[PDB]
Amino acid sequence: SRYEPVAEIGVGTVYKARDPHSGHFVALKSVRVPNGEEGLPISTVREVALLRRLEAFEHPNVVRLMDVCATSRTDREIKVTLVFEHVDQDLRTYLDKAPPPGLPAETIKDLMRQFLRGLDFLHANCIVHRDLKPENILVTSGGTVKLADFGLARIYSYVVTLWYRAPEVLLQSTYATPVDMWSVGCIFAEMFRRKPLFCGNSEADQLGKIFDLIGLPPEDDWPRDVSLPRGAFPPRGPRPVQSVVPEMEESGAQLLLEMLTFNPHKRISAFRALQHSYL
Amino acid sequence: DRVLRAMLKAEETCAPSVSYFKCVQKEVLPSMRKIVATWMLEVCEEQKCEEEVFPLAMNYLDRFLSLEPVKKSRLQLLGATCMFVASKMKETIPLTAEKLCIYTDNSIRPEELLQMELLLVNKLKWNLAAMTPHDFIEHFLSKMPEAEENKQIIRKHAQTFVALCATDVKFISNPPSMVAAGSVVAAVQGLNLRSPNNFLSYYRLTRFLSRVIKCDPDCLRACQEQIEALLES
Ligand SMILES: CC(C)n1c(C(C)(C)O)nc2c(F)cc(-c3nc(N[C@@H]4CCOC[C@H]4O)ncc3Cl)cc21
């Protein structure tokens, strides 16, 4: 279709448009990829096509990519436009709008179940979001949670908050599937306190902020390759989750700690977190 | 399985039009598609391509022909472009544009193939991870009661049948699940004729595979007969 723009969703730059035949609103995201001797980059062709493949499953917790077009082409660049069904609000807006005391515990558990159902589906289809945040966790008018802005890492590669980054990516040790689970723990805690759990301006300041709650990991727990040494951080002890996260039942804090585990090999998966007694 | 019901849904969205030669194409005829299809199979066999590249490339060609009129002089360019996108989707080392132009005796140049790539990928709305009969043959084989030794021979013959079917216009009308079931039935029937005490999946395999696809056994039987008549030529 030739979607006519209506407004600007926000910021790279996403616009809102009305589908000329259906009349439904859509979100347009434009990415720039290099135009090589072999034409479209192989990663761009494979990655976007695989995203299109996910639509057959019709998962309720993921955003739907309904149209893709290579609108522009120059000798050095190809512009690809991605058309997604529009979602009225993002988690951050949803959390901010709610009046005091806060979101009900049942509401939090239902949002967490939907978030984890969507995250497991991506995990099952060999996709790791790698940038899970409240802004990219969209919420529909009905309260359905749909994950967005994932699987485009190769094209997006060829400034941002470190609040949800897993300790391995901050330490530059091992990128992995469990990094999203660490972000889920950050989002989970943020639902109770209505504020980001860890706010760090630097990659080392973020780690220091993490160790203030989770404590300082032992030498055995430390990864084989580390950008920053353990001796660079002061000896901090583990702080109870309840002190920094309010109105959370002990089983919820136990689940939170299973997500906020330093070692990604010991960290709870999305499927295991769905089976937790709290959920 | 729930993945099988998503595969059957996905192939309905990647479906070519059975009337594109009459309704869309003004110069391209089936004989031309057969020649370009035969050429694509020869390039895949010579280049030692992944077996799925050729049916995927044909799937892209039928879908593009269903949406865009193409001059008969540009049909080879379209076949080479379909193989190029299919190679990127299914291979660790994709065929280069110049390796495909070599097989046209350098009548087409890489630049032309890269321009076609944008046209093809856009007309298909980047639905490139399309289901191929090979995806269905694997699902049918796990369900079938055969020893791993027999499944490898069934896999070989069925894939040869899928390649033969792709050259003909019957690849356009029958969805990949149908081409796969017809090819598995044609393969097991042939193997059972050669060894009556082996390949015992033959027995009412048309009805069996029609329950998996939820299709009419008569249509699968007609498909199987079409595939076997093609083998004779
Ligand atoms: C905004 C950001 C998360 N975003 C990025 C980047 C690369 C910038 O991260 N790409 C994005 C993209 F492709 C789509 C969306 C998107 N947005 C909406 N609705 C918007 C969401 C925000 O609240 C206001 C609503 O109107 N609906 C559906 C989708 Cl799919 C957001 C994207």
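Here is the naming used below: chain letters follow the sequence lines, and residue numbers restart at 1 for every chain. Counting convention: from 1, in listed order, for ligands and their atoms alike. Every heavy atom of this structure was used, including side-chain atoms; hydrogens, water molecules and symmetry mates were not.
- Of perifosine, atirmociclib, amiodarone, the match for ligand 1 is atirmociclib.
- Against atirmociclib (ligand 1), the chain with more heavy-atom contacts than any other is given by UniProt as Cyclin-dependent kinase 4.
- Counting only non-hydrogen atoms, chains lying under 4.0 Å from atirmociclib (ligand 1): A.
- Atoms of atirmociclib (ligand 1) found under 4.0 Å from any heavy atom of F84(A), numbered from 1 in the order shown, are 13 (F), 30 (Cl).
- Considering backbone and side-chain atoms together, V87(A) places an N or O closer than 3.5 Å to an N or O of atirmociclib (ligand 1).
- Ligand-side atoms of atirmociclib (ligand 1) in range of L138(A): 16 (C), 17 (N), 18 (C), 21 (C), 27 (N), 28 (C), 29 (C), range being under 4.0 angstrom from any heavy atom.
- At a 3.5 angstrom cut-off on N or O pairs, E135(A) does not count as close to atirmociclib (ligand 1).
- Taking all heavy atoms of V14(A), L82(A), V26(A) into account, the minimum distance to atom 14 (C) of atirmociclib (ligand 1) is reached by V14(A).
- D149(A) counts as a contact of atirmociclib (ligand 1), since one of its heavy atoms falls under 4.0 Å from the ligand.
- Among the UniProt active-site residues of chain A, the one closest to atirmociclib (ligand 1) by heavy-atom distance, rounded to 1 Å, is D131(A), 7 Å.
- Atirmociclib (ligand 1) has no N or O atom lying under 3.5 Å from any N or O atom of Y156(A), backbone or side chain.
- For atirmociclib (ligand 1), the atoms closer than 4.0 angstrom to any heavy atom of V63(A) are 30 (Cl).
- Using a 4.0 angstrom heavy-atom cutoff, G10(A) does not count as in contact with atirmociclib (ligand 1).
- Grouped by UniProt domain, residues of chain A touching atirmociclib (ligand 1) are mostly found in Protein kinase.
- Residue contact check for atirmociclib (ligand 1): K16(A) places no non-hydrogen atom closer than 4.0 Å to it.
- Applying the 4.0 Å criterion to heavy atoms of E85(A) picks out, from atirmociclib (ligand 1), the atoms 28 (C).
- Note on atirmociclib (ligand 1): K146(A) sits outside its first shell, no heavy atom being nearer than 4.0 Å.
- In this structure, residues within 4.0 Å of atirmociclib (ligand 1) (heavy atoms) are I9(A), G12(A), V14(A), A27(A), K29(A), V63(A), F84(A), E85(A), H86(A), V87(A), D88(A), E135(A), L138(A), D149(A).
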